[PDB]
**Student:** 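First the structure, which I've put down as C-alpha cells, then a few questions once you've had a look.
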Amino acid sequence: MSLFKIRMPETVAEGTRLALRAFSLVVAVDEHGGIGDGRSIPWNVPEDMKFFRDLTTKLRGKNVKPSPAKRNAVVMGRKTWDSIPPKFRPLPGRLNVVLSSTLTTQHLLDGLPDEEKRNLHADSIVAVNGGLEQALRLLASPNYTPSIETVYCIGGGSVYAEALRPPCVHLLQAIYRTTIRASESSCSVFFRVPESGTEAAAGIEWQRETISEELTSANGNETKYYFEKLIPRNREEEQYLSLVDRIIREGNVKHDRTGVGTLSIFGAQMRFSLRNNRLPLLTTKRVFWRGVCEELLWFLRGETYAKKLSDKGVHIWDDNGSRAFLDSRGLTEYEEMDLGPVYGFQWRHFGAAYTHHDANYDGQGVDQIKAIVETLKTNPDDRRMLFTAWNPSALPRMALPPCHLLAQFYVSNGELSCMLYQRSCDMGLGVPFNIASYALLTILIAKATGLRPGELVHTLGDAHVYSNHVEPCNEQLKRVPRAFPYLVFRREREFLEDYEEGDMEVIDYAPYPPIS
Amino acid sequence: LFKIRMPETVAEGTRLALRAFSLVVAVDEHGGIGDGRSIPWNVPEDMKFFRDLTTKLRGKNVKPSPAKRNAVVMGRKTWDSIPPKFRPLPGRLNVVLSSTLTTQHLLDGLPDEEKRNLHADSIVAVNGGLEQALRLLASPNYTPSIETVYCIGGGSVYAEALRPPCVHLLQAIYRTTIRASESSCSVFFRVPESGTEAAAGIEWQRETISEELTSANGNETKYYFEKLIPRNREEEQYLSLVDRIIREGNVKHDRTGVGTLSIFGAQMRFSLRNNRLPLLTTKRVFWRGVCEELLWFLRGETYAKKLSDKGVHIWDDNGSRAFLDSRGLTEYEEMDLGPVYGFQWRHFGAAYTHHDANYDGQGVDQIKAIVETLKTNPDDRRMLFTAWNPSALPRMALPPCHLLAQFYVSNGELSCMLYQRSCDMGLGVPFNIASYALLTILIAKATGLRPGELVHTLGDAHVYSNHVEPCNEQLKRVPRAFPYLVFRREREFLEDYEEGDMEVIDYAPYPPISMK
Ligand SMILES: NC(=O)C1=CN([C@@H]2O[C@H](COP(=O)(O)OP(=O)(O)OC[C@H]3O[C@@H](n4cnc5c(N)ncnc54)[C@H](OP(=O)(O)O)[C@@H]3O)[C@@H](O)[C@H]2O)C=CC1
Ligand SMILES: NC(=O)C1=CN([C@@H]2O[C@H](COP(=O)(O)OP(=O)(O)OC[C@H]3O[C@@H](n4cnc5c(N)ncnc54)[C@H](OP(=O)(O)O)[C@@H]3O)[C@@H](O)[C@H]2O)C=CC1
Ligand SMILES: CC1(C)N=C(N)N=C(N)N1c1ccc(Cl)cc1
Ligand SMILES: CC1(C)N=C(N)N=C(N)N1c1ccc(Cl)cc1
C-alpha cells in the first residue's frame, strides 16, 4: 500500500539494537567471601562442581541437549581459562568466551594439546579483547542472540567485579553462589553482593529465591556448604501480584447471567519500564507471546478476520468468532470469524463503513495510527496523540466492544511512553497478555518514529479474578518474580505492517513452571 | 421522551443524614473542661475568641440574620451556665440538648418579654443528643441557611462529638488551654490518638498552635490556642502530585513559548459518600462554573454563550470569531463550539450543522444507555462514554481534555473513573474533580444508587511554568476537610436540574494566593 502504510524510518534498527546481553553468575566462596587462592581454589567440592557443570550446560526444557545452534555460553577471565587443565579445555557443551588482552581466539586454540582437537573445538572457543561488558556486547550480536540461550559469568576476580557494578549489573538476571565452610583458605578476593539501599547496589535489591539446607560433601573432609540463587527483586511484576492478592482478599463478588463468578475492584494503574530492550512478560506464569505478537501485528494492520490468527494456530478469537456467537450478536451477515470493525479496524479506519473483512478499506475512515506516527516525528509534545477503538456508532456492528479501547503516547528525552485504558481486565490470563501487547506496540511505534521505548502505564477499570481462578492464582502468588526478559529484532521492514512474529525474538525468559 | 426521567428514590439517594459541625472548647493542662458546675476560669481573650469564631460568618461582609447565621449546640447544663440576663447567645441559633426542657421552657427562663419574643427565633430545644441535633440541623430549614455549627459544650456532648457517628462529621476542633491555678474539674477532653481504634481511622492534626499568650485579666494567666483538623489524605494525593511534578517534571515549551513541567500517568481516588464533595481546600474552586458547565454538558449543549451569559466565561477564548475561523469553522456563529463534549455524550456521531438544530434522537445517547444498564444490569462492564470521536474533532472548536469516563457498581454505590488526557494541575484538575463528582452524584440519583467513589486517571499532567511560585505557596497549606453537597429540591428529569437546586455547605477553603 506504501502510502496507506507507515514507512519505517532509517533509524528503524538504531533505537532497539541490543547493546548488552543479559546473564547469570555462578561462583563459590568461603564463609568469609574469599573466592580464590590467587590462581587456584584450594577447595574443590564434588557437589558444587557437578552443580556448576549442570547449571551452565543444561537448557530450559529438559530433553534438549546442547548443540551449535542452541547452547549456553560462559565468560571467563584469562587467568581462569588458564586454570583449566588443557585436557578438559574447553568446557564441553558450551560456548567458551575468554576475556584477554594478550590472547587471540587463535592463540587459545594453539594451547589445546593437538590440532584435531583444535579443529573440533573451533566453533566453541572465542577470545574478546575487553572485559565483561565488551563480551556481553559481542554476545548480543545476531550471531549469538538468540543462539546462546543463557550467558553465565563463570568467574575471575576481575570479571565478578565488572559484573556486580553498573553497567553490567543491570543485566545480571541471577546470582548462583555456593558457600563452602572451608577449614582454612582465607584467600585474597572477596565476592560481595551489594546490599539493598546502598550506592553500590545501584537501586537493585538482591533477594534470595532459594537457599539450600546446609549440606555435607562426600569429599575427604565432610566439608559443609549450601547454595543460594539470588535475583534482582522485581517491583514491577509485584505491582501485578499485589493487585491480584487485593482483589482476592477484598474484591467484590459477582455472578453474571451465565452464573460466571468474579471478584473485582475498580480503578488501578501499573508502570512497566521498556528501556534497553526490556519486555515485561510476567515470570510467575508463562505468557503466550506468539499469540500476543501475532494479534498485535494483526491489529496495526487493520484486520478483522480472526481466521488469520486461528490459521497461524492462535485461537484466542474462535469463541467470539464462531457462527453461534456471531448469531447471538445479530451479526448473521458476517462470515464465521469475521468480527466486524473491531480493534484494529477502528485503529486504522475510524468511522469507516464496514461490510465484510475482505473488502478494500484503504483510505477509509480516520487512520489514527498513521497520524500518531507523524505527530511524534514533528511535534513530540503534542498532547492529543491517542487512539481509540471505542466507537459507539460501530459498536453494535462489532463481535464485542474492545477491552483495551484507548491508548496515549508521551514523549520526553527521546523516549516513547504509552498509557493504556482497559475497561475490563481479567487478571489471570488477560492482563499479562495485554501488558505484552501494548509493550510491543510502544516498541514497534517507537522504532517507526525515531524514538527509544520508554514506559508502559496501564489503567485498569473493572479488573477481576475468576472464581475458577482463585486457587491457582493463589498458588502463583507464592512465587517471587524473577527478572524480566528482553526482545530483539533479527530483521527490520520497510513498513510497520510488514513485521512478522518471526522477525523478533524473546531472549532470557525464565518463567516459573505450570502451576500444579 | 429524549430526556432522562428521575426515579422516585431520587431524593433518598443523597439525603443529608447529619449536618457537619465544629467544636470549641477550653481546658487546663490536664484536660479539665470545668468542675461540671461551671467553668472556674474567665480568660477574656478566650471569650472574645469564642464569641468571634462562633458568631462571625465566612463572608467577611454579612451580618448574622436568621436567614444566614451560625448555630451553637450545647447541653442543658451549659445553657443554664449562661446568665439568664445573657440568654440566648446573641446572633447565633441557640440549640440546647435536654430531655426535660422545651423550646418554650428555655424561653420563659429569660426575664422581660421584649426579648422573650425577639428571641423565639434564635432559640430551639432538641430532646436527644448531639447526633439528633446534627440530624435536625440537616433538615431543609437549617441547611444551608446555617453557615456553620459549633458544639460549644457539655462534657456529655464533647464525648459524643469525639466518637462515631458524629466524629466523621467534625470539621475541626478549636482548643484553648489555660494554666489553671485551680484544678477544680472532673471531666477531661481528649482527642483520639492517631491509629487507635477510638480514632476510627481519623488522624487529628494541628493546623495552628499559637505562642504562649498572657491575658490582660490581672492574673497573668498563661494560655494558648489550637486548631486541629481531620487529615485529608485525598487532597494530599493532589498536593503530592503537584510537588512531584514541580520537583521532577519534564520542562517543555509550547510552540508559542508557553512553559510546563510534566509527568505522564497518575491516578487519584475521591470518596463521594454521604454527601461528601471533594472540592480542594488549599485553593477555592469555582463551583458555580463547574456545576453550570456540567449541567451544560448533560444537556448536550454546544453553545457557550449560554454559559458566558451566566458569568462563566471559561469558553470565551475558544468561542471567538477568531479562534473559530482558524479552525476553519467559518460558518459557526460566534460562541458555537461545534459538536464537543455534551453533544458527543448525548448525540455521539450525529452530523453537526449549527447549535440551533434539534438533535433530539440523533447519534448515540451514551448517557441514556448507561442510566438504563445501571438500573437493570449494574455489573455490565461496558458502562463508559467517550467524547473522543476522531471523525468529528475537526469540527470541534477544541478536542475534549477529559474525554472518557466509566462506571462501576458495588454494594449499590456508584463509582466513576474519569480519563483526562491533558491536565492543568493549576486550575483544571481541581475543577474537573469537582465536575465528575457532581456528574457521578447526579447519575446515582438518576439510577437509584448511592454515590460511591470517583477515580481520576491522568495523562499529561502539567504545571504551567509561571505557576511554580504560587503552587509552591499552596503546597504549604495542610488540606482541610472536604465540604458536602446537598439538594434543596429535585427534578422530574436530569436535563432539568439547575445550579440553584444544590447547595455546597461547609466549604472553608484557604484565602487567595498572595501572588503579589
Ligand atoms: N570460587 C570461584 O567460584 C572462582 C574462583 N576463581 C579464582 O579466582 C582467581 C582468578 O581470578 P583473577 O586472577 O582475577 O583472574 P581472572 O580469571 O579474572 O582473569 C583476569 C584476566 O582476564 C582478563 N581481563 C579482565 N578484565 C579485562 C579487561 N577489562 N580487558 C581485558 N582483559 C581483561 C585479563 O587477561 P590478560 O591477562 O590476558 O590481559 C586478565 O589478566 C583464581 O585463584 C581462581 O582459582 C575463579 C573463578 C571462580
Ligand atoms: N471550659 C469549657 O470550655 C466548658 C465548660 N463547660 C462546663 O461544663 C459543665 C458541662 O456539664 P456536663 O454534665 O459535662 O454536660 P452538659 O452541659 O452537656 O450537660 C449535660 C446535660 O445535657 C443534656 N443531654 C446530654 N446528652 C443528652 C441526650 N443524649 N439527650 C438529651 N439530653 C442530653 C441533659 O439535659 P437534661 O438533664 O435536661 O436531660 C444533660 O443532663 C458545665 O458546668 C459548663 O459550665 C461547658 C462547656 C465548655
Ligand atoms: C565449580 C566452581 C568453583 N563453582 C562455582 N559455583 N562457580 C564456578 N564458576 N566454579 C568454577 C567453574 C569453572 C572454573 Cl574454570 C572455575 C570455577
Ligand atoms: C468561652 C469558652 C470557655 N471557651 C471555649 N474555648 N469554648 C467554649 N465552648 N467556651 C464556652 C462558651 C460558652 C459556654 Cl456557655 C461555655 C463555654
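Chain letters follow the order of the sequence lines: the first is A, the second B, and so on. Chain A residue numbers are taken from the PDB entry; in order, the displayed residues are 1-516. Per the PDB entry, chain B residues shown: 3-518, in order. Counting starts at 1 for both ligands and their atoms, following the listed order. Below, each value reflects all heavy atoms present in this structure, side chains not excepted, and no hydrogens, waters or symmetry copies.
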**Student:** Tell me the name of the drug molecule at ligand 3.
**Tutor:**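 That drug is cycloguanil.
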**Student:** Name in the PDB entry of the chain with the most heavy-atom contacts to cycloguanil (ligand 3)?
**Tutor:**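 By the greatest number of contacts, it's Bifunctional dihydrofolate reductase-thymidylate synthase.
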**Student:** I'd like to know the other chains touching cycloguanil (ligand 3) at heavy-atom distances under 4.0 Å, if you can.
**Tutor:**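 By heavy atoms, the other chains are A.
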**Student:** So is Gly155(A) polar-close to cycloguanil (ligand 3), meaning N/O to N/O under 3.5 Å?
**Tutor:** no
**Student:** Suppose we measure from atom 1 (C) of cycloguanil (ligand 3) to each protein heavy atom; which comes out shortest, and what is that distance?
**Tutor:** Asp48(A) OD2, 3.4 Å
**Student:** I need the nearest protein heavy-atom contact for atom 9 (N) of cycloguanil (ligand 3): residue, atom name and distance, please.
**Tutor:**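 The closest one turns out to be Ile154(A) O, 2.8 Å.
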**Student:** Below 4.0 Å, non-hydrogen atoms only: which portion of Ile41(A) touches cycloguanil (ligand 3)? Side chain, backbone, both or neither.
**Tutor:** side chain
**Student:** Identify which UniProt domain of chain A accounts for most contacts with cycloguanil (ligand 3).
**Tutor:** dhfr
**Student:** Which NADP(+)-binding residues that UniProt annotates in chain A are found with a heavy atom under 4.0 Å from cycloguanil (ligand 3)?
**Tutor:**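 Sure - UniProt-listed, with a heavy atom under 4.0 Å: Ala28(A), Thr80(A), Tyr160(A).
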**Student:** Give me the nearest non-hydrogen protein atom to atom 8 (C) of cycloguanil (ligand 3) as residue plus atom name, then the distance to 0.1 Å.
**Tutor:**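 Checked against all protein heavy atoms, atom 8 (C) of cycloguanil (ligand 3) sits closest to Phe52(A) CD1, 3.5 Å.
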**Student:** For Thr80(A), take its heavy atoms, then give the atoms of cycloguanil (ligand 3) lying under 4.0 Å from any of them.
**Tutor:** 15 (Cl)
**Student:** Look up the source organism of chain A in the entry.
**Tutor:** Trypanosoma cruzi
**Student:** If the cut-off is 4.0 Å to any non-hydrogen atom of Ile84(A), which atoms of cycloguanil (ligand 3) fall inside it?
**Tutor:** 15 (Cl)
**Student:** Quick one: does cycloguanil (ligand 3) sit under 4.0 Å from the side chain of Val27(A), the backbone, both or neither, non-hydrogen atoms only?
**Tutor:**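 Contact part for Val27(A) vs cycloguanil (ligand 3): backbone (N, CA, C, O).
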**Student:** Using a 4.0 Å heavy-atom threshold (strictly under), name the region of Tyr160(A) that reaches cycloguanil (ligand 3): side chain, backbone, both or neither.
**Tutor:** side chain
**Student:** Using a non-hydrogen cut-off of 4.0 Å, what is the binding site of cycloguanil (ligand 3)?
**Tutor:** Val26(A), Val27(A), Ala28(A), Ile41(A), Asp48(A), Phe52(A), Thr80(A), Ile84(A), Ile154(A), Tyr160(A), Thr178(A)
